[PDB]
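Featured here: a structure holding imatinib.
Following the PDB entry, chain A residues are numbered 583-693, 790-957, in order. Order of appearance sets the numbers: ligands from 1, and atoms from 1 within every ligand. When reading the values below, keep in mind they use all heavy atoms of this one structure, side chains included, and skip hydrogens, waters and symmetry mates.
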Amino acid sequence: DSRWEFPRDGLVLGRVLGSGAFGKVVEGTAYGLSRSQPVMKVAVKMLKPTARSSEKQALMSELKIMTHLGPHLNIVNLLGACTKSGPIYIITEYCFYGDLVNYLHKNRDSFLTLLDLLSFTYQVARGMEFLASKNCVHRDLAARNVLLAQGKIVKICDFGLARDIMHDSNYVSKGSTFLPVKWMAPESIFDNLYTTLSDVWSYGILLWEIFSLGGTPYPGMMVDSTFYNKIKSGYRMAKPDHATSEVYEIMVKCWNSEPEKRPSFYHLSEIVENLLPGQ
Ligand SMILES: Cc1ccc(NC(=O)c2ccc(CN3CCN(C)CC3)cc2)cc1Nc1nccc(-c2cccnc2)n1
């Protein structure tokens, strides 16, 4: 679709927001991208000189997925792309608060309120519901892949090539790659099965991050055969400090050993809605 093409001369590139071995996301300003706001801040994803054909394909593939998914309030939204006479650029909206983990850390003292945490929980479920409805499996759902926009609107994202998986402790080496094992369903780690149901397990881990104000899952527990054995044995985390007992129950239901026993994202949205004063 060429409806998304944006002239390169209308895009000003700024500071780096995220970077990996082969890709990066940078801050930007787009002129004429919008009739309403002719001077608009944006985020731009692009390859680095170090990248090869395999990565170029991946970026193009990512853009296709993005063009194909429709827009949703809770997914970072595509605004345009630069695909001619140059390296590909994917342009999205800019999220004022940045990633959720850093935001939560910055706000421990203010704690931002518990209702805010519940809203985040509700919004993520709605975004995931949207992705699931499109038969799209995320595979890396975590607070580090949740952005927060103005008005405290969560925006689910996937850094992808823009994440240094090799130097990030959250990702563990496996079969010539690194995986966020502490966030993955057992059937994913051990049986290479990825489904909307395995995303639900990650969502549970995400809720633990939210209600620990950005703590590390399985704190002090390194990833090894013992950790793997504990997970397979049905071991689950304790309740984080700021979680209520209903929020903890939700996490536990997301961590069921049997994927079919996990609630749907649509169901999760309704259960969380029942915890909110607002109807
Ligand atoms: C600029 C850009 C380009 C592409 C994307 N793409 C995605 O966020 C994304 C989300 C979901 C999918 C779906 N996909 C399904 C298949 N599985 C395996 C992967 C996920 C794909 C891409 C985001 C962005 N935006 C982005 N990315 C990282 C950080 C920021 C950012 C950072 C700070 C402040 N404001 C914005 N902004």
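Counting heavy-atom pairs under 4.5 Å, the chain with the largest count for imatinib (ligand 1) is, by its name in UniProt, Platelet-derived growth factor receptor alpha.
For chain A, a heavy atom less than 4.0 Å from imatinib (ligand 1) occurs in the following UniProt ATP-binding residues: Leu599, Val607, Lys627. In terms of protein heavy atoms, atom 32 (C) of imatinib (ligand 1) is closest to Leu599 CD1, 3.9 Å. The shell of residues lying under 4.0 angstrom from imatinib (ligand 1), judged by heavy atoms, includes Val815.
In this structure, chain A contacts imatinib (ligand 1) chiefly via UniProt domain Protein kinase. The active-site residue of chain A per UniProt that lies nearest to imatinib (ligand 1), with minimum heavy-atom distance rounded to 1 Å, is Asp818, 6 Å. For imatinib (ligand 1), the polar-atom distance check against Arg817 finds no nitrogen or oxygen pair separated by under 3.5 Å. Atom 35 (N) of imatinib (ligand 1) has its closest protein heavy atom at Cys677 N, 2.9 Å. In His816, the part holding a heavy atom less than 4.0 Å from any atom of imatinib (ligand 1) is the backbone. Distance from atom 2 (C) of imatinib (ligand 1) to its nearest protein heavy atom, with residue and atom name: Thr674 CG2, 3.4 Å. A heavy-atom separation below 4.0 Å is found between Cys814 and imatinib (ligand 1).
Ranking the protein heavy atoms by distance from atom 11 (C) of imatinib (ligand 1) puts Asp836 CB, 4.1 Å first. In terms of protein heavy atoms, atom 21 (C) of imatinib (ligand 1) is closest to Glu644 CG, 4.2 Å. The shell of residues around imatinib (ligand 1) (heavy atoms under 4.0 Å) is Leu599, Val607, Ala625, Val626, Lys627, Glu644, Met648, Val658, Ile672, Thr674, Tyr676, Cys677, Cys814, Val815, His816, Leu825, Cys835, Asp836, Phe837.
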Tabulation required: pairs of a nitrogen or oxygen in imatinib (ligand 1) and a protein nitrogen or oxygen under 3.5 Å; columns are atom names and distance to 0.1 Å; otherwise 'none'.
unit_1	atom_1	unit_2	atom_2	d
imatinib (ligand 1)	6 (N)	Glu644	OE2	3.0
imatinib (ligand 1)	8 (O)	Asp836	N	2.9
imatinib (ligand 1)	17 (N)	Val815	O	3.1
imatinib (ligand 1)	17 (N)	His816	O	3.0
imatinib (ligand 1)	25 (N)	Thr674	OG1	3.0
imatinib (ligand 1)	35 (N)	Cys677	N	2.9
imatinib (ligand 1)	35 (N)	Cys677	O	3.4

